Amino acid sequence: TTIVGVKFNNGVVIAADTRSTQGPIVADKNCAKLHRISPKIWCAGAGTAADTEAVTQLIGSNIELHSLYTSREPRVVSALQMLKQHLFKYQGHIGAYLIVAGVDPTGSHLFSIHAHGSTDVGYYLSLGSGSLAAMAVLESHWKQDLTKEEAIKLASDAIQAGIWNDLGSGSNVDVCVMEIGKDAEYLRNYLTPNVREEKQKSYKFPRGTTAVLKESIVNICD
Amino acid sequence: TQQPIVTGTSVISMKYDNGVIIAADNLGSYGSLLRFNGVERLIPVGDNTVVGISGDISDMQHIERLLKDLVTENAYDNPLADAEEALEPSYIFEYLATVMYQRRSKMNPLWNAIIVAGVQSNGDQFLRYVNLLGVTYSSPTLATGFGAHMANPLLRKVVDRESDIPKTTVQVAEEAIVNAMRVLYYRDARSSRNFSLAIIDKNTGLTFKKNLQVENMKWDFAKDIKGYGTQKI
Amino acid sequence: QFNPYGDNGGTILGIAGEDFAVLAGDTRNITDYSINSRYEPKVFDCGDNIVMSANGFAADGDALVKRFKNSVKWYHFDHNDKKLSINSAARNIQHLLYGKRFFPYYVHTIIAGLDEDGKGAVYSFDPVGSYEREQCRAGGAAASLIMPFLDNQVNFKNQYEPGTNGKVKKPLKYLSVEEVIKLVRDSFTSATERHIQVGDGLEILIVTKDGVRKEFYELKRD
Amino acid sequence: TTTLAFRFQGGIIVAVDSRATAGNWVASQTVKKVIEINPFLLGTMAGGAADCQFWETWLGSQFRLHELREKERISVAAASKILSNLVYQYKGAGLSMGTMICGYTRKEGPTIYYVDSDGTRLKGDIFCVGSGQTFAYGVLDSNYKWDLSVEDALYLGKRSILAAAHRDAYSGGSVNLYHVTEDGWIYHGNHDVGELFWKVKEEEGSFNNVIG
Amino acid sequence: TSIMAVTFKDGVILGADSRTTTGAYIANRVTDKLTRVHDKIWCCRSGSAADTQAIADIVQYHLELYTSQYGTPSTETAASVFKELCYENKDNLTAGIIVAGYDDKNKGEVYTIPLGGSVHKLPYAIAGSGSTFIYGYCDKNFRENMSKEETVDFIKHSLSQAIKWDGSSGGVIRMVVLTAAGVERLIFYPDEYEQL
Amino acid sequence: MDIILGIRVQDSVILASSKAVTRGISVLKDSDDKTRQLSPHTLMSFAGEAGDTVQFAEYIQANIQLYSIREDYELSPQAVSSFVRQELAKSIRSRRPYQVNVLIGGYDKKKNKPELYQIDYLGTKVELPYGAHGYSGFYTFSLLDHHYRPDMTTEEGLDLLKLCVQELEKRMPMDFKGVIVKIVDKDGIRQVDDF
Amino acid sequence: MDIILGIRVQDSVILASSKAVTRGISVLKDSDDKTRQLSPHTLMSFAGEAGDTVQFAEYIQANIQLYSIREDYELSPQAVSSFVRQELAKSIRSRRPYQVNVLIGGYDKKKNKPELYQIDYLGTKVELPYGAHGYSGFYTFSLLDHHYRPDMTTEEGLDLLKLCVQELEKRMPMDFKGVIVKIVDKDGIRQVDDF
Amino acid sequence: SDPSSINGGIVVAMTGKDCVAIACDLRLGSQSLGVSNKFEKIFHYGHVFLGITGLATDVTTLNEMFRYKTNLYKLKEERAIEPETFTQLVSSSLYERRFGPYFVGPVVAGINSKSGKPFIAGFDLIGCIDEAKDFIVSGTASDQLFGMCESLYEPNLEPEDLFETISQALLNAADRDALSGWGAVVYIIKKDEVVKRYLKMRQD
Amino acid sequence: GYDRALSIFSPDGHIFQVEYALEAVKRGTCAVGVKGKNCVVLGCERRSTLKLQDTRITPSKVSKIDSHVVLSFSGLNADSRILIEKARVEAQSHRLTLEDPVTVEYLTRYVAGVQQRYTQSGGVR
Ligand SMILES: *[C@@](C)(CO)[C@](*)(O)[C@H](CC(C)C)NC(=O)[C@H](Cc1ccccc1)NC(=O)[C@H](CC(C)C)NC(=O)[C@H](CCc1ccccc1)NC(=O)CN1CCOCC1
Ligand SMILES: *[C@@](C)(CO)[C@](*)(O)[C@H](CC(C)C)NC(=O)[C@H](Cc1ccccc1)NC(=O)[C@H](CC(C)C)NC(=O)[C@H](CCc1ccccc1)NC(=O)CN1CCOCC1
Ligand SMILES: *[C@@](C)(CO)[C@](*)(O)[C@H](CC(C)C)NC(=O)[C@H](Cc1ccccc1)NC(=O)[C@H](CC(C)C)NC(=O)[C@H](CCc1ccccc1)NC(=O)CN1CCOCC1
Ligand SMILES: [Cl-]
Ligand SMILES: [Mg+2]
Ligand SMILES: [Mg+2]
Ligand SMILES: [Mg+2]
C-alpha cells in the first residue's frame with residue numbers, strides 16, 4: 001500500500017491507493033483503505049488487511065459508545081490513545097499501520113500509528129510500501145499555509161508517486177477531506193488513471209461448448 | 001563470501017536533451033558511524049565518461065585502480081588514443097559488467113552498485129547500471145540504494161519516457177538532481193550534506209563539480225511540533 | 001551470507017503458426033518492489049531466424065543469450081556458413097544449460113523460429129536443460145496465469161462441438177498471425193492487471209521466411 | 001511420473017505417462033518419457049527431467065560408438081551398466097534418475113534392467129518406477145501372467161498407467177505404449193487420458209468411484 | 001538517538017535530537033523526544049519509540065494520580081516510578097530514559113535509567129546511540145554551577161558532535177529549560193549547529 | 001499399527017486390519033485386533049501413534065454405549081461418524097492431539113444400506129465404496145478402481161479383499177503378519193476366523 | 001540389502017543372504033543374490049548402502065581374479081580377507097567412503113579347514129565360528145551361542161541355519177523375502193536351490 | 001506440512017445480468033494420493049451460497065458452524081439471511097480465531113432478495129473481505145483462475161452464456177494444477193430458480 | 001620428464017627404431033601357432049645352451065591372459081611381461097564393465113594399440 005495525510009488552512013486531508021496484494025498477485029484492484037472511525041474522524045490503513053479493518057472497527061465502535069456516554073463529539077486523540085494502547089498490548093502481532101486524522105472541538109489533527117504502538121505528529125505523513133515514493137513528493141512540494149485545493153493536489157500526487165513507482169501500490173486514488181465547521185467529504189475513486197483498455201477479442205463461447213454430465217433443479221425454498 | 005565494511009550510499013543520475021547528469025555524496029560510513037567525510041565516489045574516465053559507485057569502499061578503490069589501468073592499456077600502441085580509438089562509455093561499462101558477473105560466479109563479489117554515465121562518439125547519451133550480482137539495466141533515470149526508492153520517483157516526473165528526453169534542458173535536469181539530493185539528506189540515515197555532481201554534455205563536454213552542499217532546506221515547521229499525541233507544551 | 005541469485009521478474013510467451021512464429025515478452029525489469037527499467041528488452045534476434053529469451057535472473061539470462069549468440073557465430077566458422085536449424089539450436093542450448101548443472105542458470109528459456117519444413121516452431125527449456133517442442137508456451141512470473149488461457153484458446157482444450165453431447169472435440173487448426181497477436185496482447189493486458197511484476201510495455205518478435213519483424217505496445221505502468 | 005515395463009511370453013511391454021510437474025504446477029502433459037536408443041533398445045525416464053533426458057541421450061551416443069568399434073550391437077547388460085557406472089561417479093552430487101533399460105539381443109533374449117541414481121542396478125521381469133509406481137503395481141501384479149497374449153499384454157500396460165494417472169496427482173496426460181520383440185521395438189500409439197478414461201470406464205465397467 | 005540532561009545554577013536543561021529511524025530510513029525527522037510527565041518533571045526518551053511512549057504515558061498517569069492525593073511529587077519519586085516499570089519489565093522493554101526535574105528545595109536534579117532498570121543520580125547524563133561519541137567531550141567540558149547560556153552552549157556543542165558522527169541522530173536540536181521562572185522550549189536548526 | 005482397509009458392497013461392509021504390533025526391531029505381537037465395536041451394527045478400526053489409538057477408540061466406544069443406554073436406541077452410522085469427526089476436529093487444535101486414523105463400517109437399519117466412512121486424525125470425513133489409511137492406499141485404491149463393482153456380494157467382496165492382501169504382502173516392505181477380517185451387515189458384526 | 005549370515009562348521013562354511021531389494025514403500029525385487037564368487041574356494045556376501053555394495057563387491061572380485069591369472073594360483077581365505085580389510089580401511093578416510101559390510105566364507109586347501117571372516121565398513125576384521133551383519137546379529141548370536149557345536153556336519157549346520165531364519169521371520173519388522181543359501185567346502189561353491 | 005495445500009481444491013464465482021454463478025472441483029486428496037472424487041466444496045444457507053477451499057477438516061467444520069449460526073439467525077430474525085449480512089458474519093467468525101485460524105479460503109455468492117442485486121465476495125483465512133463486481137477466485141489453482149477469469153470475463157452475461165465462461169475458467173485452471181480437478185460442479189443462480197450442473201472433465 | 005622423439009622418420013620413409021625392434025624379434029626363440037578345426041596349438045622353442053636350469057620355476061613361454069585366451073611371443077623377454085600385464089588387466093576390466101569376457105580380436109587389438117602407442121610417443125622406444 002501507499003497512504004498519506006496532509007494538513008491545510010482549515011482542516012486536514014488523507015488519501016490512499018486501492019491495490020490489495022496476495023504475494024505477487026493483485027487480489028483486489030479497487031479496495032477501500034479509507035475507514036470511518038466517527039463522522040469527522042477518518043483513518044487510512046496499511047499492513048495486514050484484516051488487522052487494519054478489525055482494529056479500526058473495534059475502536060470506532062468504542063468511540064461511538066463513548067460519544068453517546070459523554071454527550072460530546074469524539075476527539076482524534078481519543079481514537080489515537082485507544083488504538084496505540086490496543087496495538088502495544090499485542091506487541092506488534094496485529095500488523096496495522098495507520099494514519100489517523102480528523103476534526104473535533106479542539107481543532108484539526110493528523111497522526112500516524114505503527115503496529116508496535118508508537119505514534120507520531122506531523123503536518124505531512126506517509127505510510128506503507130510506497131511511503132518512500134510518496135514522502136519524496138511531499139518533501140519536494142510541501143509548504144506551510146496550504147489551501148484546500150492545494151492540499152488535495154499534493155496528497156493525490158503523493159499517492160500517484162506510489163501508484164506508478166511502487167509495485168505494492170496501484171489502480172485508483174481515494175481521498176477524504178475533513179474541514180472545520182463542515183461535513184467531511186469522502187471522495188471514493190477521486191482519480192481513475194488506470195482504466196483497462198478494450199480487449200482485442202470477445203471470448204463469448206458458442207452455447208453448448210462445455211460438456212455436461214448431469215442437470216438438476218436446486219431447492220432454495222422451505 | 002564477503003561482508004561490506006566501509007560503505008557509500010546512493011548514486012543518482014538521469015538523461016537530458018544533450019547529455020547526462022550524475023551525482024553522489026562524499027561519505028564513507030562504518031556501520032552507523034559516519035567515519036570518513038572526504039570520499040569522492042564519482043570517478044571520471046577520459047573526458048566523456050563518469051563512473052559512480054556505491055557499496056564497499058575498499059572494492060570501490062580496487063575498481064578505481066582497474067579503470068586507471070584500463071586507460072593506460074588503451075594508450076599502448078594506439079596513435080588514435082585521444083581520437084577515434086578513445087575509450088567509449090559503452091566499452092568501460094561492458095568491461096566492468098564482465099568483471100562483476102565473473103566475481104559473483106566465483107562466489108567472491110565486488111560488493112558494489114555501479115552507474116556508468118557518459119556520451120558516445122556519435123553524440124548518443126549513455127546511462128547503464130550494474131551491481132554485485134552482475135545484473136544490468138538501462139533507463140532514462142537510474143539510481144542506487146535509497147536513491148532507487150526516493151530519487152527515481154522525482155526524476156521520472158521530469159523524464160517519464162524516451163520522448164521526454166529532447167524536451168528536457170540541462171537547467172531543468174540539474175535542478176531535479178539537486179532537489180533529489182536534498183530529499184535523500186532529509187530521509188537517508190547514512191547520507192551527508194556534502195556531495196559531488198558531474199555533467200557530460202555532447203557540446204560543452206565534461207563538467208565536474210566538487211564540494212556542493214544541500215541548501216534551501218525546510219526545518220522551521222519543527223518548532224510547532226510538540227509531544228507525540230496529547231502533549232500541549 | 002552472500003546469495004548469488006536474484007529475481008528480475010517479467011514474463012514471456014511463445015506461439016507457433018503454420019508458416020510463422022512469435023516470441024513476446026514484457027519490457028519491465030524489477031528487484032523486490034522497485035522498478036529498475038520500464039523498457040529493458042529481453043527478447044533477442046540471434047541470427048539464422050532464431051529468436052530467444054531467457055527470463056528470470058537477468059544476469060544469468062544475459063550470459064546465456066550472449067553465449068548462444070556466440071555459439072551461432074562459431075557454428076558458421078566451423079561448418080562453412082551452414083544455417084543453424086531450430087532443432088540443432090535447441091540441443092546446443094541444452095548442453096549450455098546442463099554444463100552448469102551444479103551451479104545453474106536460474107532462467108526459463110524459450111526460442112522460436114521455423115523448422116526445416118518451413119513450419120513454425122517453439123521450444124522451451126527448464127533451468128538445467130530439459131527441452132520440448134510445443135505449439136504454445138508461457139514462461140516467467142505470470143506463466144501460471146497465461147498458460148491455461150493458451151491451452152483453451154490455442155489448443156482448444158476443454159472445448160467441445162455444440163450439440164454433440166460432449167463427444168466430438170473442437171477441431172485443431174492453425175491460427176493466422178492476426179489472430180495470434182490478438183491472443184498475445186490480451187494475455188499480457190490480463191497478466192498486467194493481476195501480477196505486480198508485469199507491465200510497462202510489450203515487445204513482440206514475429207518470425208516468417210522473409211525475416212524478423214518487431215511490434216511494440218504500451219502496457220499499464222502501475 | 002509413472003513408468004512400467006514387464007517381460008512375458010511375447011516379448012516386453014513398456015508403458016509410460018507424459019506429465020511433467022514443478023511442485024503442484026503441471027508444466028507439461030506431452031512429454032516423451034521413452035527414449036528410442038536404437039531399433040532394439042528402449043530407455044524409460046523418471047525423476048529429474050533434465051538429468052534423465054541429457055544422460056539417456058548421451059547414453060545412445062556411447063552405444064553408437066560401441067557398435068562402430070566392435071561391429072556389433074551393444075548388449076542390454078552392458079548398456080545398463082554404462083549408465084549405472086556413470087551415475088555412480090555422480091553419487092552424492094544430487095542426480096535424480098529412475099530408469100529402465102529394455103531391449104532384445106540374440107545372446108540375452110528379452111531383458112529388462114532397473115537403474116537408479118543412487119547406483120542400484122537390477123535385472124528382472126517386472127518393474128514400476130516413479131511417484132505413481134505403487135498404483136501401477138497394484139493393477140499390474142493382480143492381473144499379470146506369463147501366458148498373456150500380445151493384445152492383452154498391451155492393454156494391461158496401458159490400463160496400469162491409466163490407474164496411476166487417475167490416483168497419483170503427479171502422473172497423467174497421456175499413455176505411450178511400446179512392444180519389444182525379437183525383430184525390435186514397435187510403437188503402439190499415444191493415448192490421451194482425457195478420452196481413454198471414459199472409454200475404459202464405459203467398456204470395462206470399472207472406475208465406479210467416479211461420478212459417471 | 002542522542003539525548004542528554006544537564007543541571008546548572010538556576011535548575012536543569014534537557015536536550016535531544018529529532019531523528020526516528022526504521023533501519024536506515026528516517027521515519028520522522030522532526031520528532032519530539034523531550035516529553036512531559038509533570039509540570040516541571042520531564043524526560044528524554046531513547047530506545048524503542050513504542051516502549052518509551054507507553055512507559056511515559058503510564059508514568060504521567062501515576063504522577064497525576066499522586067498529585068491529586070499527596071500534592072507535587074519529587075523528581076526522585078518520578079524516577080522511582082520509571083525504574084519500577086523498566087526493572088520489573090526488563091525482559092520485554094528496550095528503553096533508555098533520562099529523568100530531569102526542578103524542585104524548589106532540591107533545585108535541578110538528573111536521574112538516568114539504562115536498559116537494566118537501574119537508577120543513577122548524576123550532575124549531568126548522556127544517553128542514546130550518539131552519546132558514545134561525546135563521552136570524551138562532555139567529561140572534559142562539563143562544570144558544576146554553570147549559567148543558562150553556558151549550559152545551552154554545552155548541550156548545543158555536544159549534541160552537534162553526536163549528530164555529526166552518529167547516523168542514527170540528526171534533524172533539529174530540541175531543548176527544554178526547567179527553572180523557578182517556568183518552562184521554556186528551545187529549537188536549533190542544522191544551518192546553525194552544523195557549522196559550530 | 002499400519003494396515004487398515006474397508007470395502008462396502010451391496011449388503012455389507014467388510015473391514016480388514018493387520019495383526020502385527022512392532023516396536024523397534026521386534027514384533028511384540030502377531031495376533032492384535034485393531035478394532036472396537038461401537039454398537040451392534042457399527043464397527044471402527046484404527047491405526048496411528050502408539051497408545052493414542054486404543055485410548056481414543058475406547059473413549060469413543062464408551063460414549064456411544066452411554067448414548068445407547070440413555071435413549072434405548074442405536075445411533076445411525078452417519079450420526080456416529082459425525083460424532084467421531086467432531087472429536088478429532090477438536091483434538092487437532094489441542095495441546096496434544098490424538099494422532100489416530102479410523103475407518104467406520106456400519107449397517108443403517110432404517111435405510112437398509114451398508115455405509116463406510118474414512119476419517120483421518122485431522123477430522124477429515126468422507127463416505128466411500130472402498131477406503132484405506134496409511135501406505136496401504138497407494139496399492140489398494142488403484143486395484144479396487146479396476147476390480148470393484150457396486151452390486152457385489154459379501155463373498156465377492158472377500159475375494160476382492162484377498163486380492164488386496166496378496167498385493168500388499170508382495171510389495172510392502174514390512175511384515176504385517178496377516179489381517180483380521182470382520183463383516184458388518186443386517187445381522188450385526190461377525191469375525192472371519194480363517195483368512 | 002539387510003540380512004546376511006554365516007556359519008563355519010567342521011568341513012564347510014555356509015552363507016545365507018536375504019533376497020529382498022526395497023526402495024521406499026516398494027519391494028522392487030524378491031530374488032536378489034547378495035554375493036560374489038572371488039575365487040573357486042572363496043565367497044563374499046555383502047550388505048549396506050545402495051549401489052556401493054555391488055560396486056565394491058565386483059571391484060574386489062576383479063582384483064582377486066586378476067591375481068589368480070597373474071600367479072596361476074588361488075589366494076588363501078586369510079590372504080583375501082586381509083586384502084578386503086585394507087581396501088575398506090583405506091575407504092573410511094576417503095572423500096566418499098564405501099558403506100558396505102561383508103562376510104567372507106572360504107575353504108583353505110593347504111590347511112584343509114573352513115574359515116569365516118566378518119568385516120564391517122570401517123575395516124574391522126574378525127575370524128568367527130558364526131557371524132552376522134546388521135540387526136540380524138541381535139537375534140542370531142544368542143541363538144547360536146546356545147545351539148552351535150564346533151564338530152557339526154554340513155547338514156547339522158543347515159538345520160541350525162533354518163532355526164535362525166525362522167526366528168528372524170518371526171521377530172523382524174521387515175519382510176526380507178527369504179534367503180539364498182550357499183555352501184563352501186573342499187569341492188568349491190554350490191547353491192542350495194530349495195530353502 | 002502446509003495446511004492450505006494438503007487436501008487441494010478450488011472455487012470460483014462470477015456475476016452476470018440479473019444472475020450469479022459459483023463453481024468448484026470435487027477432489028479431496030492427501031498430498032499426492034487422491035482419496036475422494038465426491039467432495040463438494042459449495043454449501044448453501046437459504047438463498048446464500050458459500051464455497052470453501054483449503055484444509056478439508058476446517059471446510060467441514062465451518063460449514064457446520066455457519067449452518068448453526070444461520071439457523072439461529074432465522075429463528076430470531078424471522079427471515080433468511082442476505083449475502084451482504086452473511087459476508088459480515090463470516091468475517092467476524094474468522095477474525096475471532098485470529099491467532100489460531102481456520103486454514104480456508106471462503107467465497108460468498110447470492111442475489112439479494114429485496115433489491116435483486118447480484119453479489120459475490122471472497123476472504124483470506126483471518127477474515128479480510130474482498131468484494132468484487134466481476135469475479136472471485138480461491139484455492140490451490142488461484143493463480144490459474146485469476147488468469148482465466150481476467151481474460152475470459154465480460155460484464156452483463158446472460159445465465160446461459162455465463163455458465164460457459166465460468167465452466168471454461170474452472171476446467172482449464174484445474175488441468176494446470178496437480179491437486180485440483182477430479183470432477184466439477186457449477187451453480188447458476190437466478191432470482192427465484194437455481195440450476196446445478198456437473199461438468200465432464202479429464203480424470204487425472 | 002624425458003621427452004625425446006626416439007622413433008622418427010628417415011629420408012627413405014622408414015622408422016628405423018621400429019625396424020630395429022623387428023631385428024630383436026628375429027633374434028628371439030622361435031614360436032609357432034597352428035589352428036585346427038576345433039582347436040589351436042601354440043608351439044615354442046627353448047634354447048639348449050642353458051643346462052642346470054630349474055624348469056619348475058622358470059617363466060613359461062606361453063602365458064594365460066584370461067581362462068579362454070593365451071599369448072606367446074618372440075623377442076625381448078623383459079618387454080613381453082609388460083604387454084602381458086597390461087593385457088591381463090584389460091581382460092578383467094572388460095569383464096567388469098561389459099559383463100562378458102574379451103573376444104580374441106578385441107584383446108589383440110588392445111595389445112596392438114599399446115605397441116603402436118610406443119612408436120609415436122616421446123621418451124620411449
Ligand atoms: C499494500 C498494498 C501492501 O503493503 C497495502 O499495505 C495493503 C493494505 C490494504 C490491503 C489495507 N496490504 C495488503 O494488501 C496485504 C499485504 C500483506 C500480505 C501478507 C501479510 C501482510 C500484508 N494483503 C493482505 O492483507 C491480504 C488481503 C487479501 C487480499 C484478502 N491477505 C493476505 O495476503 C493473507 C495474509 C494473512 C495473514 C496471516 C497471518 C499474518 C499476517 C497475515 N495471506 C493469504 O491469505 C495467503 N494464503 C492464502 C491461502 O491460505 C493461506 C494464506
Ligand atoms: C513425474 C511426472 C513426477 O515425478 C516424473 O518423475 C517426471 C519425470 C519426467 C519429467 C521425465 N519428473 C518431473 O516432472 C520432474 C520432477 C522433479 C522436479 C525437480 C527435481 C526433481 C524431480 N520435473 C522436472 O524436472 C521439472 C520439469 C520442467 C518444469 C519442465 N523441472 C524443474 O522443476 C526445474 C529443474 C529443477 C532442478 C533440478 C535440479 C537442479 C536445479 C533445478 N526447475 C524449475 O523449472 C524451477 N521452477 C519451475 C516453476 O517455475 C519457477 C521455476
Ligand atoms: C536513536 C534513533 C537510537 O537509539 C533513538 O534512541 C530513537 C528513540 C526515539 C525514537 C524515541 N530510537 C528509534 O528511533 C528506534 C530505534 C529502534 C529500532 C528498533 C528497536 C529499538 C529501537 N526506532 C523505532 O522504535 C522505530 C520507530 C517506528 C519507525 C515509528 N520502530 C522500529 O524500527 C520497529 C520497532 C520494532 C521493534 C523491534 C525491537 C524492539 C521493539 C520494537 N522495527 C521495525 O519495524 C523493523 N523493521 C521492519 C522493516 O524492515 C526494517 C526493520
Ligand atoms: Cl517518538
Ligand atoms: Mg493425476
Ligand atoms: Mg547524522
Ligand atoms: Mg489436475
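A note on names: the letters A, B, ... follow the listed sequences, proteins ahead of strands, and every chain is numbered from 1. First listed ligand is number 1; within each ligand, the first listed atom is number 1. Atoms considered below: every heavy atom in the structure, side chains included; atoms not considered: hydrogens, waters and symmetry mates. A fraction of the deposited model is presented, and contact counting is confined to that fraction.
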A.B. asks: According to UniProt, what is the name of the macromolecule sharing the most 4.5 Å contacts with ligand 1?
C.D. replies: Proteasome subunit beta type-2
A.B. asks: According to the PDB, which drug is present at ligand 1?
C.D. replies: carfilzomib (bound form)
A.B. asks: Using a heavy-atom cut-off of 4.0 Å (strictly under), which other chains touch carfilzomib (bound form, ligand 1)?
C.D. replies: A, H
A.B. asks: I'm looking at chain H - what's the name for it in the entry?
C.D. replies: Proteasome subunit beta type-3
